[PDB]
Novice: 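Attaching a single structure in structure tokens format; questions to follow.
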Amino acid sequence: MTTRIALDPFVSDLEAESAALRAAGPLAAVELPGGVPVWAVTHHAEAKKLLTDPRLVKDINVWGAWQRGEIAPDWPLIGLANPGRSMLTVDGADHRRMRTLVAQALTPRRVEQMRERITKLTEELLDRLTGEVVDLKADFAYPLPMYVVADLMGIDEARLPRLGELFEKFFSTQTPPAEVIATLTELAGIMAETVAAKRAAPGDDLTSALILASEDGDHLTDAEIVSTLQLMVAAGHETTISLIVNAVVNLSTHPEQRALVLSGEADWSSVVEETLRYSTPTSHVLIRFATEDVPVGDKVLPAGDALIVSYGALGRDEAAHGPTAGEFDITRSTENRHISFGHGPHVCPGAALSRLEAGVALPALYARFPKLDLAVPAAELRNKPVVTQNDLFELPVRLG
Ligand code: HEM
Ligand SMILES: C[C@]12CC[C@H]3[C@@H](CCC4=CC(=O)CC[C@@]43C)[C@@H]1CC[C@@H]2O
């Protein structure tokens, strides 16, 4: 068998865990919180190969352990491992069917149309900051992407506080099993009430457009629209928030590079792209399954086994980025673009939106508060117990 790395449910030392995963790769055996063994791809080149390999599918019917009844229905990760049917959980024909309209709404041109609104919201959130020291996550980095995605999907703003409480339970490794299914049921309920509303009273949002497209069949069922809405709201906020948080942390801990960006010697896109490579919001993505045995390095991923993609660990792969891969350097040149938005047919359709949001938020923040810095030592920052995401509990900032 294998060396098997149990991922820390409390995310106490992500840097060490990522390094261990690289050391064990390209195909590392891991244990997910809750005791579930899977494989992880932890090197850049091998991940790109597996992300485009037709033997590595989203279809959970390929999962041996699932078919054998080994996966608890109240596993806290069950909402990531077995979400409702959407573009996320299919390949090929059905993937094109389920992705096309959403992806079309998020092209660079269509995102550029959102710039004014995103900019106005960014500036309003900066206007509302109160006190010398703020939790910049709760007061800025969290609300901007949640308001953007909620508006895109037709979600009533009045529901956002409750959605925030449900996502906290969805993501936490520490949510009691007895609360797991109820959280999933209530989240699905909010998305279903949103679909019902936009069917009755269609607007200019993407949910309204999905419904109006699927009227004369061949497009998405209501159940698929509900799952798609949950996928969009979750994917669109969780990650973008951590991108903005991690960019501020990285500039605060690398003040010589912050000085380059504030003086115009480096551009804000370089900060966003290096944050995505060095410190991706998404440490791991669940989940793919092998239809056949697949060689990965000197190991075999057996048919019916599962694969997570360890974007966090592979972002610092020295084979891809050279001997400085383990450092934050907005000036780097790499022969290999990061793959923190994925690769192959499932590559993130929201990448342009996330880049616009961070690309507006970060210069706006530092234009308002040029002297902003962490209000605590960087070593006091703490990851939330969210094994797939690189999310902090808070971002204490002295605004200046
Ligand atoms: C920094 C922010 C983001 C990061 C790091 C990120 C990362 C990713 C990654 C890595 C994938 C592919 C996972 C894989 O196949 O292994 C993905 C898929 C997805 N992302 Fe993003 N994402 C971000 C922002 C967004 C936003 C803003 C939206 C929506 C508005 C979004 C919507 C989605 C959807 C719908 C998928 C599924 C695509 C499919 O499976 O065909 N993401 N994202
Ligand atoms: C599963 C899910 C859709 C896919 C999301 C997931 C949150 C984590 C996540 C982060 C990524 O970078 C890719 C998309 C995913 C994997 C969402 C939580 C609820 C939603 O149904």
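Quick note: numbers on chain A are straight from the PDB entry, i.e. 1-400, in order. All ligand and atom numbering here is 1-based and tracks the order in the structure. No hydrogens, no waters, no symmetry mates; every other heavy atom, side chains included, goes into these values.
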Novice: Under the nomenclature of the PDB entry, which macromolecule has the greatest contact count with ligand 2?
Specialist: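 With more contacts than any other chain, that's Cytochrome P450 hydroxylase.
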Novice: Hey, what drug is sitting at ligand 2?
Specialist: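 At ligand 2, it's testosterone.
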Novice: Under 4.0 Å, heavy atom to atom, what does testosterone touch in the other chains?
Specialist: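 With non-hydrogen atoms counted, the site is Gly79, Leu80, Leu88, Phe170, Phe171, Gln230, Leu231, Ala234, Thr239, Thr282, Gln389.
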Novice: Any protein heavy atom under 4.0 Å from atom 4 (C) of testosterone?
Specialist: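 Answer yes: something from the protein, a heavy atom, is under 4.0 Å.
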Novice: What protein heavy atom is closest to atom 6 (C) of testosterone, reported as residue, atom name and distance in Å?
Specialist: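 Looking at atom 6 (C) of testosterone, the protein heavy atom closest to it is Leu80 CD2, 3.6 Å.
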Novice: With nothing but distance in play, are any N or O atoms of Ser227 less than 3.5 Å from an N or O of testosterone?
Specialist: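 No, no N or O pair falls under 3.5 Å.
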Novice: Atom 16 (C) of testosterone: which protein heavy atom is closest, and how many Å away?
Specialist: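 Checked against all protein heavy atoms, atom 16 (C) of testosterone sits closest to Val285 CG1, 4.5 Å.
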Novice: Tell me which protein heavy atom sits closest to atom 21 (O) of testosterone, plus the residue, atom name and distance to 0.1 Å.
Specialist: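 For this ligand atom, the closest protein heavy atom is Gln230 OE1, 3.3 Å.
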Novice: Taking a 3.5 Å cut-off between nitrogen or oxygen atoms, can you list every pair linking testosterone to the protein, with distances?
Specialist:
{"from": "testosterone", "atom 1": "12 (O)", "to": "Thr282", "atom 2": "OG1", "distance (Å)": "2.8"}
{"from": "testosterone", "atom 1": "21 (O)", "to": "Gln230", "atom 2": "OE1", "distance (Å)": "3.3"}

